[PDB]
Amino acid sequence: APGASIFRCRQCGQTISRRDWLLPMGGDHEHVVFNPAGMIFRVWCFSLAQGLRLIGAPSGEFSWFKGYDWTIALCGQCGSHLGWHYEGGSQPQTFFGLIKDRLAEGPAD
Ligand SMILES: O=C1CC[C@H](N2C(=O)c3ccccc3C2=O)C(=O)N1
Ligand SMILES: [Cl-]
Ligand SMILES: [Zn+2]
């Protein structure tokens, strides 16, 4: 009966990822970053996620992760901006950077 197994969208409950899929990029699964508008994000990196909708074509502009291009990842249910999908890089080729405070963590179902 673990209570820290599954990450859901904090706004609607859509299943998004799992603690087991946490990915330590550059030695840490947590990355604190700012965008050009100055917003600060505490981003958790995951190997896999589901329940998202990836919007548009990838861009390398302002990428927080060297060698990766990003696409916006919205909750596929409610449209809440949950983070980004990264692609085009090496080891791994792709991963997800999701905004920790926009997810709710809980037991598996
Ligand atoms: O890796 C990334 C993900 C995208 C993120 N980003 C944003 O959060 C944003 C908002 C508005 C205009 C442009 C951007 C942008 O590049 C950013 O700054 N770096
Ligand atoms: Cl936030
Ligand atoms: Zn949602």
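The numbering of chain A matches the PDB entry: 16-124, in order. Counting convention: from 1, in listed order, for ligands and their atoms alike. Atom set for the values below is all heavy atoms of this structure, side chains included, hydrogens, waters and symmetry mates excluded.
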Can you peek at the structure and tell me the main thing ligand 1 is bound to, named as in the PDB entry? Cereblon isoform 4
What is the name of the drug located at ligand 1? S-thalidomide
Which residues and nucleotides from other chains come within 4.0 Å of S-thalidomide, counting heavy atoms only? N50, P51, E76, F77, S78, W79, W85, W99, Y101
For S78, atoms of S-thalidomide separated by under 4.0 Å from a heavy atom: 1 (O)
If I apply the N/O under 3.5 Å rule, does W99 come out as touching S-thalidomide? no
Any atoms of S-thalidomide less than 4.0 Å from a non-hydrogen atom of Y101? List them with their elements. 1 (O), 2 (C), 3 (C)
Which chain residue and atom does the model connect to S-thalidomide through a covalent bond? none
Any N or O on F77 sitting closer than 3.5 Å to an N or O of S-thalidomide? yes
Mind telling me which species the deposit lists for chain A? Magnetospirillum gryphiswaldense MSR-1
Which S-thalidomide atoms, with their elements, are less than 4.0 angstrom from a heavy-atom of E76? 16 (O)
Only heavy atoms of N50, strictly under 4.0 Å: list the atoms of S-thalidomide that pass. 6 (N), 7 (C), 8 (O), 9 (C), 10 (C), 18 (O)
